[PDB]
*Asks:* 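The following entry shows N-phosphonacetyl-L-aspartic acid complexed with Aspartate carbamoyltransferase catalytic subunit.
The sequence lines fix the lettering, A, B, ..., with proteins before strands; numbering per chain opens at 1. Only a part of the entry is shown; contacts are counted within it. Atoms within each ligand, like the ligands themselves, are counted from 1 in listed order.
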Amino acid sequence: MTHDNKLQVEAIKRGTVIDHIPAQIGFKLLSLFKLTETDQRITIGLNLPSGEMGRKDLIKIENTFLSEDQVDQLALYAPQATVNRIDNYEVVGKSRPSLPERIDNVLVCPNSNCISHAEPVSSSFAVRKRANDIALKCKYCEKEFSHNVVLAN
Amino acid sequence: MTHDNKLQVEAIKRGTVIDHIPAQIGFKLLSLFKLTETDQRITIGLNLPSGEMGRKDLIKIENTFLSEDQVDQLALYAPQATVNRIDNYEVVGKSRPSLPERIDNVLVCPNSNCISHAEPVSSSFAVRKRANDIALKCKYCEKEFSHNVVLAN
Amino acid sequence: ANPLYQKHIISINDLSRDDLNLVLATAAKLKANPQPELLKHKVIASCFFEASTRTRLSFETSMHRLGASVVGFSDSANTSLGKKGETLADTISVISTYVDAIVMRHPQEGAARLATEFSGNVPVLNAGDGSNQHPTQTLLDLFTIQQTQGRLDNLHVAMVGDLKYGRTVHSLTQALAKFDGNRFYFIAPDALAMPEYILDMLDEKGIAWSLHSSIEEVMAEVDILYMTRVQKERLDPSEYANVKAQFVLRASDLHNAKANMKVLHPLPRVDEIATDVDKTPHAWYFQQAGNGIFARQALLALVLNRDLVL
Amino acid sequence: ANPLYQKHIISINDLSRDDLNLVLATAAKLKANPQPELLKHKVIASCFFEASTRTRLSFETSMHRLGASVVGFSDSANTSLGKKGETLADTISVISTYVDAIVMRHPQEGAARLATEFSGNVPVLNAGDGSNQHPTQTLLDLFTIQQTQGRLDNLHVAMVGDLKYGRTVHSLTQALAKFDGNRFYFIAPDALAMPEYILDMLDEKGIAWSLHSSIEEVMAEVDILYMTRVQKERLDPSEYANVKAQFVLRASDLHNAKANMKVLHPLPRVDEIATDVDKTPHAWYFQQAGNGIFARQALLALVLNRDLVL
Amino acid sequence: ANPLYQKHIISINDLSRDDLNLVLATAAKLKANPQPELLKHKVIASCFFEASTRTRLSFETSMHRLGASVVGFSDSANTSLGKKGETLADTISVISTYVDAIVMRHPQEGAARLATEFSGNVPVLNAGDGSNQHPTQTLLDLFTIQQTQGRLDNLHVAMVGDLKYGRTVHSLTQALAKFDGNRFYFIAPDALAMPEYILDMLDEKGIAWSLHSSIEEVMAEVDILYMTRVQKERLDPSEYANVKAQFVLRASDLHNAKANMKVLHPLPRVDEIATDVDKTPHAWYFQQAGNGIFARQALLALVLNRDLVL
Ligand SMILES: O=C(O)C[C@H](NC(=O)CP(=O)(O)O)C(=O)O
Ligand SMILES: O=C(O)C[C@H](NC(=O)CP(=O)(O)O)C(=O)O
Ligand SMILES: O=C(O)C[C@H](NC(=O)CP(=O)(O)O)C(=O)O
Ligand SMILES: [Zn+2]
Ligand SMILES: [Zn+2]
């Protein structure tokens, strides 16, 4: 029941469908969260129009199931976005990434003298709604950085 | 003109359509071709099947037609790819990638003592089919490597 | 089993006014009535990977003053970590299988935190990690501050120096924002200013704080003038402009100084506190240092001993 | 305009059989009919970014024997590229606005090819770039083989030593594969063997080559035995096993050798040729070095003289 | 006797407007009417106690283009002043008994002036002494501005970079203040600003100068934009903040620039001029370097030739 305006086939059995990802995100989410490291049928539609959400972006991963854990982790890039849980074609669930209290194994601590860079541990950050932006605090060095400056993988 | 063979298919008026991308290669071309930049309703299908061929990846970028070289540069990364120029929901030209005589900029010479690293110059090797694998020869150091190795840039 | 028993003492941001008041009262009881065997049979690793004269030595005298034994190093150059390429993670993994506690100082931030994820049951005390925290410094500064002002609530506090890399100011500032009414004054070159995270925590907490360009601009309204060394070894090359102290306290600056104001400093000082200050009544750095014995014996007593020392 | 006029001499692979022949033929002429002012009024930059005794002094000597003036540097340390961070591209760019040709020797493979993209009309002459090429060595070696064998075809040539890092043999094999009927025996530690790129060319040309683990096996067959020095300066540390000469030539092993055979070597020799070989009518390495004078004069003439008549 | 005959060229401040004019005019002549033996039989010492690519090789090249012979050292390390403790005074004293002129570049301000007190009739030519002067650079820059602007008056000139340690700009500002109507815009980190001694002269002459914090502000006005390299070798460690180019020139910022404007630079450039500027008809730094040949020939002619007629 996607929409209408000239046809092409496009509906799946079970899986997940991150809907309403803004532009130049979709690529980022596939890379960061490695949502492409699987044999599953993935359909990334970019720029495809959605009113207010003029140039939205979309991704659909078959069989794949996000976790409250995972989903929340998207509020750092595409917060407004809505996760639609489609099971047996029926949209069974529907979340919206709210804010997680800790981001693990994804980011890289900008503090070059942080122990995390040498030892075999997993990076980890506490998320905080600073004022304008979100404030990220390294678990180890205790420094907090603009959620914008903290890099990743 | 018509509707494709397999199920979940996406449509377009004018644009390029790359098909047969081997598995796990689609996302990469999306990186090293800077396709994702262009806000032209891109469509991607990772892990689609591929009849007796297995599973395939494919990209569709409307209003976009590949460079006067990208197909040749697309030859090394995915030889068995097919590049379909689609004008007005129809293929007004289909091509196969040919391996060029030589390749420029995109590759990084594996010989650490090559001067191309240190100096402000463009890399450029000379392609030469060898026995099964292709051999690349650095314009600068004169060494010839297997693309297996060169494709670690 | 007292609140801090078998607990890790990594950062002043994991402790609370109660935890801190727990330590200073113990500090006090211990000073008045020593307990020579309070840690009989314990063996503690003193692992310093960065230099130290007071932290290590006061730490070790403290273990001994309580009957414990000590194993360790003061330089990782001759450790397997230093000559054979071992990770700190493996280091703490093997060490935590010999001793009862690990007191460690390290050149990188978060190294004390890291060791906690690999020490198993053995608690990790942070004798300083890069420019992050220095919690046991904070403990003795509090004890010395209460000793000399009668309290830790509603104090006028000036911190001069390298506030950016001073791990001591990071902890201490956090420790006093846990008390009520304390007022802060900060005097530092603009390149070595208190980090944002601290100024924020202050604002959220409604603590009042202001910058100043002269010690003299606060000399009259302060109870504790906390002097610091420009953490020279931590400066980036592009900061080599602030390697020499800009604010030097000389005796004659203690002229309009409040009668109860003391000059504290975690040491070692270089050129920021002239020697004439040493013999005025406001100089309290060498007593501050000597108070390290008590804040430290108390902490050990609490982490390694179950019942409130009787 | 002779074929060589204003041409860059970067790689034997870019030179043809008749090109090499015109050089040898000219060499021969200069060697008997000295042209003292053939280059009066030119100024050549002799730029060596790496150590040299023979190459640099022979080149400079040839320039002078022909009336050229020379300006240049024997060490990159006191250049602006040395102490100011200048790229090699900009160095070549400005120098080419001063002079007529540039003889350059550099540590990194491809340093010479890159010079051409940056020098305009100024021909660049490769006195060696890393372990890649050294065409001038090859011109003086071809001249030395010609004059002692009376031929450059059907010869049996053994190449002994560091064949991998030896730019000397890389350039000489590609030259000698341009003539007919030559046969090649390669004797080298496996680690330092002949690159594949050169072998494949041999096959592709249908040249007869083969491998041997000793000089003894081939001594009675070769007409020329090219001894080479182990490129200690280039060896990766994993190749450090290969620093001492695996194959050493003593005067006794020349016993079954053809009377007409000459021992050549690019030099410097370290221990691969015991000094008692020096006194055998077989040693030809010092006559081969003097030949550097005549072959490089020829090259400067052919490259800077539109039409030569001697 | 031309005005320049046997004169020491130590500081643009000691040179007059007509002196500079005779050089530019002579430069122009040599650049079209080559005088191959103007200096036959002279021997010039090219003594550089500090690194150089352009200055030394252009100078040496000019000497040769004019028939002079050259003798000298590109490094003070292997001199007797280098390993034996000899003063610079005695070095100049003995060398001046051998040759006709001495081109010297040294690390300490005033090394050239001092040479004169010790060299008798031998003219000394300052190829650079510390951060003080570099008159020959200025002669080749004036020649480059003249030939592209058709004038040396009423020009609008911006000087960007290390103006403080830049002997290049110190000498060029004093020259360009000798002509009329020129206007100066100085763009430099505060730490590395234009010395006061030069500004005061400007005021004293009533020259119009001004300061700007970006190239963008002046791009549309200047006829010449002199980009300069940050003198890393001279920076005191407190200036280490200023090592990276604060003002970088990319091809895009030349968009609103006058068609006749040329980007000059003494070179070597590090990162202050992105390489894409090289392909714009505005970049003139490599043509400016080749100009070193013609201006320094002119100087050697004027200084060693009592009467020149061309
Ligand atoms: O070093 C300083 O300036 C303050 C502080 N000093 C101390 O802890 C005393 P010490 O290093 O002798 O143990 C520190 O951060 O190490
Ligand atoms: O280094 C070698 O032994 C071979 C060869 N030798 C030479 O060119 C002689 P030289 O180093 O003195 O100029 C070289 O490639 O440098
Ligand atoms: O060093 C600079 O960038 C400016 C100036 N540059 C030059 O003279 C060019 P060079 O160092 O190669 O001879 C100098 O004063 O040395
Ligand atoms: Zn961190
Ligand atoms: Zn290469």
*Asks:* Hey, where's N-phosphonacetyl-L-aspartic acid in this structure? All the copies, please.
*Replies:*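 You'll find it at ligands 1, 2 and 3.
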*Asks:* Help me out: which other chains have any heavy atom nearer than 4.0 Å to N-phosphonacetyl-L-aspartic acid (ligand 3)?
*Replies:* D, E
*Asks:* Give the residue list for N-phosphonacetyl-L-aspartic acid (ligand 3), heavy-atom cut-off 4.0 Å.
*Replies:*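 With non-hydrogen atoms counted, the site is D:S80, D:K84, E:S52, E:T53, E:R54, E:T55, E:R105, E:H134, E:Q137, E:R167, E:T168, E:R229, E:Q231, E:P266, E:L267, E:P268.
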*Asks:* I'm comparing N-phosphonacetyl-L-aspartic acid (ligand 3) with the native L-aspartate site: which UniProt-listed binding residues in chain E have a heavy atom within 4.0 Å of it?
*Replies:*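 By heavy atom, within 4.0 Å of N-phosphonacetyl-L-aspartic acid (ligand 3), the UniProt hits are E:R167, E:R229.
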*Asks:* Considering only the protein, which heavy-atom contact is closest to atom 3 (O) of N-phosphonacetyl-L-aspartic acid (ligand 3), and what is its distance?
*Replies:* E:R229 NE, 2.9 Å
*Asks:* For atom 11 (O) of N-phosphonacetyl-L-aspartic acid (ligand 3), what is the nearest protein heavy atom, given as residue, atom name and distance?
*Replies:*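 Looking only at protein heavy atoms, the one closest to atom 11 (O) of N-phosphonacetyl-L-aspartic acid (ligand 3) is D:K84 NZ, 2.8 Å.
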*Asks:* Show which atoms of N-phosphonacetyl-L-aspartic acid (ligand 3) fall inside a sub-4.0 Å distance from at least one heavy-atom site of E:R54.
*Replies:* 9 (C), 10 (P), 12 (O), 13 (O)
*Asks:* Flag E:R56 as yes when one of its N or O atoms lies below 3.5 Å from any N or O atom of N-phosphonacetyl-L-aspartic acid (ligand 3), and as no otherwise.
*Replies:*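 No, E:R56 has no N/O under 3.5 Å of an N/O on N-phosphonacetyl-L-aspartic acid (ligand 3).
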*Asks:* Okay, next thing: UniProt's carbamoyl phosphate-binding residues in chain E - which of them have a heavy atom under 4.0 Å from N-phosphonacetyl-L-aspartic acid (ligand 3)?
*Replies:* E:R54, E:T55, E:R105, E:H134, E:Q137, E:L267, E:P268
*Asks:* Check N-phosphonacetyl-L-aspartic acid (ligand 3) against E:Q137 and write out every atom of the ligand that is under 4.0 Å from a heavy-atom position of the residue.
*Replies:*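 Result: 8 (O).
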*Asks:* Tell me the protein heavy atom at minimum distance from atom 13 (O) of N-phosphonacetyl-L-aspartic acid (ligand 3), and give that distance in Å.
*Replies:*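 Heavy-atom neighbour on the protein nearest atom 13 (O) of N-phosphonacetyl-L-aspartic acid (ligand 3): E:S52 OG, 2.5 Å.
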*Asks:* Nearest to atom 15 (O) of N-phosphonacetyl-L-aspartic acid (ligand 3), what protein heavy atom do you find, and at what distance?
*Replies:*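 Heavy-atom neighbour on the protein nearest atom 15 (O) of N-phosphonacetyl-L-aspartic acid (ligand 3): E:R167 NE, 2.7 Å.
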*Asks:* What protein heavy atom sits nearest atom 8 (O) of N-phosphonacetyl-L-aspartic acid (ligand 3), and how far away is it?
*Replies:*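 Checked against all protein heavy atoms, atom 8 (O) of N-phosphonacetyl-L-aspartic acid (ligand 3) sits closest to E:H134 NE2, 2.8 Å.
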*Asks:* Provide the number and element of each atom of N-phosphonacetyl-L-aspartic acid (ligand 3) under 4.0 Å from a heavy atom of D:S80.
*Replies:* 10 (P), 11 (O), 12 (O)
*Asks:* Regarding N-phosphonacetyl-L-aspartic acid (ligand 3), does E:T168 bring an N or O atom to under 3.5 Å of one of the ligand's N or O atoms?
*Replies:*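 N/O-N/O distance below 3.5 Å does not exist for this pair.
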*Asks:* Any N or O on E:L267 sitting closer than 3.5 Å to an N or O of N-phosphonacetyl-L-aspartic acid (ligand 3)?
*Replies:* yes
*Asks:* Where, taxonomically, does chain E originate according to the PDB?
*Replies:*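 In the entry, the organism is Escherichia coli.
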